[PDB]
**Q** 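Dropping a structure here in structure tokens format, bear with me for questions.
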Amino acid sequence: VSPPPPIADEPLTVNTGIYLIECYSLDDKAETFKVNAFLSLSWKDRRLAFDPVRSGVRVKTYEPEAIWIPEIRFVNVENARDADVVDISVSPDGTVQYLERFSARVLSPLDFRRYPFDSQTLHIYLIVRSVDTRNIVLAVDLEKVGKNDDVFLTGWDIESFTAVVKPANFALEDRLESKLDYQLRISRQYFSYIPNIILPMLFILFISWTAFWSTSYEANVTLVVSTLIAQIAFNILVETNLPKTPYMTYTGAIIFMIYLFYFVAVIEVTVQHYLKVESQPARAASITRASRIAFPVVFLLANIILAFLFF
Amino acid sequence: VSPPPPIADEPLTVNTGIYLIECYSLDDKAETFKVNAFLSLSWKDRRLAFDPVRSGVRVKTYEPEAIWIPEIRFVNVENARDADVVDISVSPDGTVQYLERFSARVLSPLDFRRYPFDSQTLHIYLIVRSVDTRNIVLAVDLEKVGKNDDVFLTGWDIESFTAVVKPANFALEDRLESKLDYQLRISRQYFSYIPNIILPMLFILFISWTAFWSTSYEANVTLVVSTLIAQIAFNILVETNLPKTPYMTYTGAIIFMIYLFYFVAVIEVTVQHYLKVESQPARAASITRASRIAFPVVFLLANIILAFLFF
Amino acid sequence: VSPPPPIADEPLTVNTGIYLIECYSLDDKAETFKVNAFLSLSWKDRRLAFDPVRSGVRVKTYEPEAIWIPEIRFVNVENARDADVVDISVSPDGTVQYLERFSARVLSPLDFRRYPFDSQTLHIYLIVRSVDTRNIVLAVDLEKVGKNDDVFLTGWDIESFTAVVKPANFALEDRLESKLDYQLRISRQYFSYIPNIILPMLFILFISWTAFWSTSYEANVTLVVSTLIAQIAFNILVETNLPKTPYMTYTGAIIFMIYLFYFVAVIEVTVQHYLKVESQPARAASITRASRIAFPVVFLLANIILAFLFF
Amino acid sequence: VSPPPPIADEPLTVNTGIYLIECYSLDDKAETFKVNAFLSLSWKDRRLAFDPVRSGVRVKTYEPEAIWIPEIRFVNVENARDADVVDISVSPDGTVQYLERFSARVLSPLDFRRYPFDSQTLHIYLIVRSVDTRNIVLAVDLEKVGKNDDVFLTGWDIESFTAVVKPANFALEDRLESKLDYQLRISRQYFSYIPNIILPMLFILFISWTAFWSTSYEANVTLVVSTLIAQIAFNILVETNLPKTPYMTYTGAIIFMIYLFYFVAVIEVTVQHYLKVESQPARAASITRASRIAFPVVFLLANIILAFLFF
Amino acid sequence: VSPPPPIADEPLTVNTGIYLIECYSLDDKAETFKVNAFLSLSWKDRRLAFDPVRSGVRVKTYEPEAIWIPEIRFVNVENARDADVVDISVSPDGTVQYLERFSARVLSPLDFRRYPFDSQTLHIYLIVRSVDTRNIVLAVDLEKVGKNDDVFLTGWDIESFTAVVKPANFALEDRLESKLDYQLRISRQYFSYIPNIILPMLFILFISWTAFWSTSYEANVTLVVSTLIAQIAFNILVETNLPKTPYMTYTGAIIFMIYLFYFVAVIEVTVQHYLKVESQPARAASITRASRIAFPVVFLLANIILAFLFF
Ligand SMILES: CC(C)c1cccc(C(C)C)c1O
Ligand SMILES: CC(C)c1cccc(C(C)C)c1O
Ligand SMILES: CC(C)c1cccc(C(C)C)c1O
Ligand SMILES: CC(C)c1cccc(C(C)C)c1O
Ligand SMILES: [Cl-]
Ligand SMILES: [Cl-]
Ligand SMILES: [Cl-]
Ligand SMILES: [Cl-]
Ligand SMILES: [Cl-]
Ligand SMILES: [Cl-]
Ligand SMILES: [Cl-]
Ligand code: NA
Ligand code: NA
Ligand code: NA
Ligand code: NA
Ligand code: NA
Ligand code: NA
């Protein structure tokens, strides 16, 4: 089978539509997501025209192998989609209505700068390559673009699923390509981060600050070094769920800042002890008393500055 | 092959049934489970009718390709099910009895609010899309819905496997869809959580409380900070088996509460030491003596309040 | 093709045999194992009979598609087996001899009560379904049941591979089903558990007991709390290799018992220190001297009691 | 179908091209990467020649099965590529233009000597085996070698994608084999390693150095041994993302050097305490004061020496 | 198609050869490895003979379906191999030359007794089952056995790839089977184990030994118990890469021995402190001074004894 012949010199228009049934497995580290959807296609093939009076039926059903079907592929997939043709229906004028249900692992890059208070635009790029006989162009049938109400992406809020109606038509290896951008806007459910990571980090940080009400070096060393070990466990825990970015993320900046605070508290603890040994407890007492206010105040201001830069 | 033609303008009823052979791999983090079952379908095709006295046979066997079979799919599957047709049998009136065995990975959301004392209703949604010729509707043959006695879901108790007999009939992309809800009611086997997680957590908490019978700051700091590190290990261990929820879970609340108790015990330990250094051991002794009763009493009351709110 | 017709009203006997080539991946947490074996089938089809004299051949070879073959399935598989037909041979009387080589992931539940000094009976359930035309029944050809001498299941000893010769005949979805039970008896290689888990746990427990020869609270607190952290690491290590059971396991009981012993040693350490501070070292010295004998004696007796209850 | 017959005794030239659509999953431990690309092939088949005047067409389209296509494979793949033929086009002189889209998991060894500041040359080896009738040889059509602008390999910078235009011809089992080398030059995005691993390691090392301003053996032991435990966590964290190399890596050298520094600081801490006990604090004070300068100076010089040897 | 008929009563000889293209994923815990190779087969089929003068051709090419091909399988594979026929060529006398490229996951047991200074012999077992018409026997064409120069197994040195030329001919389920053993000799690149595991273990052990130059029980307890925790981290790290063996490994013996040394050092530390409290520092001083020599000497001798027993 060859493609439909043109009436004039016009390109063949393939109307497309994606209807999302399921969204699952948004892997942050891998920058992938899995999708289960309907792919709807429509184009005119005059060669397929029929008289319903003679044929006995008002719509004709076909098997994919029986007729010409445009080779539509996804740009940003790991492997080619797993597809099952649901229906192929030809109307008397030769208007073909193709419908398949597919599943695919989509590659879509993420912006982690504001993580975990971040939002993403996931893309599904539909493409068609023009044949040597006639040029093929993609179009969006908005009445056939949507998502199921139930569609839940664990840990995310689905804002919208829309398509950029104008295809990107460009040459690639001496032939025309027609590319459509289907965009799924999502925002992270930051809730869990607060009681599970943020608040535990603060509690252990405040525990380390009790060293500012102690003159016992051995106890102070235990407090600061032990809380530092607990903090490292949280840093590893957090970083394992993120990919290695060539930029600073909000979480990353906070983690880095906390290390500085632990480092400076060791300096304070060390300085205070050195003075007490040098028989200067009056000078050490001045530093500690200052540390009691300075550490929370600088912690609060540094965080305001960070939140300002990132948001 | 085309669908059976109607006698009048009635829709074509497909009687369904799912008989569970196996249930395995209930992944809490992924909110998925695997199933191995029988799918039974039944509908009337008058074109397939015959006379038993003339044919000599009471039942006719067919190959799937030989006759029309309705395209039945699962809504909440990762990939389309792996299926093997077991038998196709036609009765003299043209009643078709189809049976396949399939395996599938089902996406079903879980409510972790009461975890590990939660119960769940897992769903298997059966769907059929109507054809241009006639509308297809789903039905439940209760005599063909069930599960094998051996069916064991590791760490769960299977309460019941039933179907909501009334299908959800709705339009989707200008065609009728008929959806059936199969519900598998399960309850978590909480036994293991008690000796493996709950009791260890209490033991380490009680060890931290021995600091209320000590005047040794260095020792107290060691007790509270070391037990805190052991608690963190349990918290990480527990939370790794759960997904990130946009709500508080029972376990989450408990873990948060324990952090507060560790934080308050550091305050007590710090306050007591500050007073002893300020040459006020009488005041410190009053606080410690109070702490010995206050901490267990507030721990017990806070837990009663929590259990009340969640159950 | 239809099934062989009966001479009288007798059922169709399918003689079966499984010959194990490989056993691998016994996943305890998943309660699964992989198997690579030969499945041998044999039945009489009178339609396939011939005279060896006029044919010139003593045997005829066929392609699966050419003749009727019984649809034999495994009950307890994840997905349907991956099979390759090795040979199909017909004798003059029409006795068919079928042979395939298959690989499959088998679901078989395990009893962890005596872990890691446990033994298991793994099952492979063979099943055939009857047809309207006739009743199909399974049988065991003992001369065709076995295993390769090389068959090694990593961490297990293979005791025996036998079949329960009488099939279980029952109705399922208004048709008779013939089920055969192939049982593989295995016993765990407990060797490694002794130097890698059991002995390390004892060594760290004995290190905690050196606190009974010390009056130094700070040192005692360090000993008991640090060894407790090492034990927790071993507990996590062990429990990660086991599924969550609704019953107590031997290992679980031991782990629980060790927690009690650590808890009681903290009480002793705390009590002893409280008395020394209260200017009662004579009373503390009596308790500590008693603890030196009491702890090992109660540890040994509790273990004898546990081993008695489980074995 | 047989291969095109030679005009004289010349080998058959197959012009190749690879156009990268996607690059993902560069696994360092596994030394693999996944690729989604276009494979373009071109060769002359005189048997397929035609007159454009008589036929009325300027280009003929064929199905893969209809004509002879060279068996082109990849040398360094896990499994054979997943390929879908996009188009086959013949020009009047019989010049065939084949295009497929494939996905493949490529095995390419990496040099970890300068990690995490390393660069790699990933290879895709294309191969063809000569047939009994004629010798096949590969060529590069540079106009058909490229990559999509969007092509992003998470954590890497893509420098260039080129092909070594002269094939590596050789005999394998008495047949000519023409092999092409497609090279993808990449360089690691080392940014994240600085705040996430390098700077934390320095901070904990500097914390251990505060022991040079303390006379308290107990506190010194705590400082050095606790920071050592934090460093081992980072060492394990780092080494888990790398395979076991038969050579020293930059990172591994640094990790080893840090262990020596921790070891030497324990010697200092031990020596200082031994002298204070031997009533020689003046001698100990000399060593500590020296250590305060010696440790940072030797640390800085050793690092310059290391960076010099590796870069 | 049926097998070639014999001239007399001789068995049909199938000459085999395996040429390794790639070796990857040697999983120690799973005792598996992946292979990508050429499988070459050769046998005589007199029915396929022709005259090279009359036919004008020296060689005839065939499609697998066109002629009889022996069913050759691998014994020790997970699933049946993924194969692609490269070429089938017949010479005038009817000598068939078959070549396929395959990929497979091979199950081959490993001896961990000398780990990580161990060597292995990996096996690939080729098998053929005799047909009822005649017996099939395997042979090795040494000119077609080999490996690619590039073949790299990460962390291993490939010593040799040879075949045991005499097949093992035996009866299995009332038919003859011919089995060939292809052996791949490999040795572990033990380099990395020295700086990454062995030397860190020694450094932390030597740190624990500084307790023999200290009279401070609290500090000693901290040194020995903290270094013990670091050792446990390395033990877990090591043993996670190994399967559970029914024998002692070199590594396992060393790890066990180190536990004893830590246990004995706790006894020393405890004894020394007990004496100092009992006002016997002179006796304690004698024990530590002895320990300073005894511990390194016994450590060195025990290791020589161990290395002797294992190598
Ligand atoms: C998640 C699970 C292992 C767990 C953690 C913490 C507390 C509890 C109960 C008390 C809710 C619990 O069972
Ligand atoms: C998991 C396994 C290695 C284990 C842990 C703890 C105790 C035992 C026996 C003695 C029950 C044991 O073998
Ligand atoms: C691999 C990586 C995370 C890393 C670890 C340790 C040291 C270095 C530098 C100093 C070379 C490093 O970048
Ligand atoms: C796991 C392996 C690399 C290893 C660990 C511990 C000890 C050794 C030697 C000394 C036997 C060792 O080779
Ligand atoms: Cl696709
Ligand atoms: Cl489905
Ligand atoms: Cl099966
Ligand atoms: Cl390939
Ligand atoms: Cl050559
Ligand atoms: Cl050649
Ligand atoms: Cl195979
Ligand atoms: Na088509
Ligand atoms: Na301490
Ligand atoms: Na059909
Ligand atoms: Na059949
Ligand atoms: Na072809
Ligand atoms: Na064949």
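Labels below follow one simple rule: chain letters A, B, ... track the order of the sequence lines, proteins then strands, and each chain is numbered from 1. Order of appearance sets the numbers: ligands from 1, and atoms from 1 within every ligand. Header lists the method as X-ray crystallography, 2.7 Å.
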**Q** Look up in the PDB entry the name of the chain with the most contacts to ligand 2.
**A**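 With more contacts than any other chain, that's Proton-gated ion channel.
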**Q** So at ligand 2, which of isoflurane, ulotaront, propofol, neridronate is it?
**A**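 Of those, it's propofol.
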**Q** Name the other chains in heavy-atom contact with propofol (ligand 2) below 4.0 Å.
**A**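 Heavy-atom contacts under 4.0 Å involve C.
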**Q** Specify the organism recorded in the entry for chain C.
**A**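 Per the entry, it comes from Gloeobacter violaceus (strain PCC 7421).
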**Q** Which UniProt transmembrane segments of chain C, numbered from the N terminus, hold a non-hydrogen atom less than 4.0 Å from propofol (ligand 2)?
**A**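 Non-hydrogen atoms that close: UniProt segments 1, 2, 3.
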**Q** Name every other-chain residue that has a non-hydrogen atom under 4.0 Å from propofol (ligand 2).
**A**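 Heavy-atom neighbours of propofol (ligand 2): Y115(C), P116(C), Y193(C), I197(C), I198(C), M201(C), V238(C), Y250(C), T251(C), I254(C).
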